[PDB]
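A structure with doravirine.
Within every chain, numbering begins at 1; the chains are lettered A, B, ... in the order of the sequence lines, protein sequences first and strands thereafter. Both counts, for ligands and for their atoms, begin at 1 and track the order of listing. Worth knowing before you read on, the calculation uses all heavy atoms, side chains too, and leaves out hydrogens, waters and symmetry mates.
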Amino acid sequence: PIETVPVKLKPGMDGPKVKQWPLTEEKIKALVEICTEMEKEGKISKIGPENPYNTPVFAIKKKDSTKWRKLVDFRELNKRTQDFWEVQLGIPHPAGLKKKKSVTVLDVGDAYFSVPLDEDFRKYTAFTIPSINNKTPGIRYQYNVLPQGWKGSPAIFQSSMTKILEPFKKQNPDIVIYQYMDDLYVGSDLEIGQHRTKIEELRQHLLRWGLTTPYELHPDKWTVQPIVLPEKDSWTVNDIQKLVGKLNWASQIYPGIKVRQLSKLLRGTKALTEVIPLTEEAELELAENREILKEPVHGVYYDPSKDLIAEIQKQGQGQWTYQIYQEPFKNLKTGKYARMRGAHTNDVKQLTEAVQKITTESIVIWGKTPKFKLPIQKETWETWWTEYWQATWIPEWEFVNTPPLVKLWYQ
Amino acid sequence: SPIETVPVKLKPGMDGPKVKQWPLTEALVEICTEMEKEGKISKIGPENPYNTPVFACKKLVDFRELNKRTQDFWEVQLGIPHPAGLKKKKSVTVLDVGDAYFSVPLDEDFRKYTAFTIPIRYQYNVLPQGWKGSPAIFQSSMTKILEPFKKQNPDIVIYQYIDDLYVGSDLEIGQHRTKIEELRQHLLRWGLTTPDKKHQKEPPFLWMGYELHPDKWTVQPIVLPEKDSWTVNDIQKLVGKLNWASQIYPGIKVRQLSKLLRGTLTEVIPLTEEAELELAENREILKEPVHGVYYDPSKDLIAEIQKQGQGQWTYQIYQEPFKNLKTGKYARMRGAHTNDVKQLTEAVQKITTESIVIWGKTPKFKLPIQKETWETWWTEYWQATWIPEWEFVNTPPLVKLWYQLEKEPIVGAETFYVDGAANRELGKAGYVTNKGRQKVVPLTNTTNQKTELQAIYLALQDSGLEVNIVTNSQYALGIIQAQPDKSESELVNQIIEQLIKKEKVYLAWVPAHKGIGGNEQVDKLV
DNA sequence: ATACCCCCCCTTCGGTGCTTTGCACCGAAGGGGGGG
Ligand SMILES: Cn1c(Cn2ccc(C(F)(F)F)c(Oc3cc(Cl)cc(C#N)c3)c2=O)n[nH]c1=O
């Protein structure tokens, strides 16, 4: 039949022992009828008390999906097995994928369930279903086959994936291919009627050889938003003081940003609300400052060795930002995620969709998910984020309790 | 009898226990000989180096090192059931199994790891006591016995905690008796010696602290300990008992009782008049016992929240008006500086997560706060916060925003500047306003942030109703901008009171020790 | 009797990370209730 690749951990550290958080009654009701079916088809099997490893589980509803799905939080397993994918097999990141006109994302994880998994590793991927009012203990199940959402599963399956997609790569060398987790990114420089034609052609092609998969985003049409200083004719002491302070803050990002004449301009303890003249020397200083700000930060470079860190600041009125970088004060990218559509309905949902957009863009551009620094309290985030989640990947996040009151990316 | 065992092992590195046994003791020989007949504890040869400690009471066999050396076991249980989450059931029965542990076999390979030498050596064919995974092993086996019955018919609702088997149904009495007898036989088929059907309980029950009636429930009656002199330990016991009682009795305050504990088991301390008065009030509340009710899925949960003052809230989850399902209080204070809205959202988060844990769904809240207030707060706070769903309820005290720090400068208000310093290797405060108004003053046990807060307090002290301020530190901005009410620092409380007294205040920030604007003078004197 | 585990509740430490030297913060412990 189909063989399996043994999986080994890194000796010296333990496996996943994450306590499984509670779930709504409907989530349990759907997960029962999903995991019973998965057990009937030999995909999963039960286990007894002797298994000391557990991972969470929750039933999301996919985008425009009449049914439910399932996700298992495999963050700790990846945290313990990063070296498996970092050494065994690594797919090169296409530099041209960032510059393609459009790409399409398909959920190709179904074939991940048709490949048997190792015997020794099979123990580690055990997940617990909760119970209503904890009347009965968790029915702890075990993945018999390769699991959807596990980082090391694509490493195993990429050989057969390549074998499948080699005809498509041959007949269509223009298309660029990138697989991340259970998702596949296909990149083309075609029109809507032709991009859709080729994506449906690829779907039919996968159907012809026993692989079934049940939106469009433009990598090239993403533009960084450069910071700018406010400009007007009548300036006050308060406004010029704010401008000098912002020039200070921004001197950290830009080495060449200086403020000395404006600092020397303000010497007396004057009222904030009075109108103050602005000399032509300050005009030239402001022009040079804006010229520096318009240009992207000189010397910006990327290192795959480090991890990607993304901060988010909420500017109100249904507007958020996101800054992705590795080394402090030299941002690799900045953005502006704005929507007033869901403002009247939700607030955390905005943060969830922002996080999804950031991680999708980072996967398209640099290829690895960012580590998020969310502006939200830990428990209120952990209570509700799953209710507004639709992506089969799970990014890593940590809540910085420090108040970032600067917020000079947008006054 | 036909119960397949479960593999047992240990943490890698070294074998089982090796401490010398003790045959002679307070007789204790014929007790274990009887189980050799039916094989619960069998005889083994003198080739067992895995010696174990021996104990017998009137057999809590000691495994003080075996539990330290046994492989880690995952927690089978994840809490304790609550009566409010039980649906209305007509017929109910309890079938607590006999000792739950001498009818479940132990793994064949593992028997060699434990021994009982009473001259000779006996091996355990059965689960011992003081064992790491014994509740988990029995619970899994006990589910493996149950599930064919539940699959046969799901009408019968079965709860199970530790060794206990709570059966409920909406059928007639005789049909329920027939079904429970069938369950008894089904359990017996796998070799469980349950107590006789005459010994099963009939309502009202007594559970883990909760007495259950055909249509109501409550906790077992409790009394409040009384003594002229209180040590700390009895105060902690009283606090714990009050917290336990706070699940069904509305409006229980245990905070300003708990502040007495801040001064510290056997050590004895005096009391406070507040403590005695509120203990009497709590005794008056607990004098008359109240009743809860049972869940009804054909309806919806509607919780309400009230504020009792100084960071304490009470909630009362129910379904039918003035018929509580559950009650509770939230009082914990994490961090330093919070207003009432932050604590209110913490309270609603805790209530909804508890409701998910218990009844598996969230309640449609009722909050005592205006819609526009929460709208402004969530559109103005820099963090992201949410509230599930809530309707306005008019009940004082009414939580609201105390003071609004202006986001724009105002005319007709003096512009103050503030600064201070200290010694890095005992600080001072000193500043110059737009007209030279200086109030330099030293202070002890202070640093840059303390003297900045002191300068802010001074500027508020020597200003009018409307005033604008320019600061050289972001720490004060972070403190005051959150609109705080209560704080550890009394200076912060005074500043908050000053801002409440005033009408409109606007702030700004400048870089420190840079000589920019008014920073030259304020960083010159101090 | 003196050892053994689960949710809840508090108070009091330590360590983190600068917000870098106090401070705000959070997690782990030490008692309390319920007991098993
Ligand atoms: C008294 N009573 C009731 C209440 N009630 C309703 C359902 C069940 C169920 F079938 F779920 F077990 C009950 O069994 C339990 C559950 C628990 Cl946590 C503890 C105890 C004890 N001691 C008994 C039950 O007590 N309904 N009708 C009536 O007379």
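In this complex, the main macromolecule engaging doravirine, as named in the PDB entry, is Reverse transcriptase/ribonuclease H. By chain letter, the other chains having a heavy atom closer than 4.0 Å to doravirine are B.
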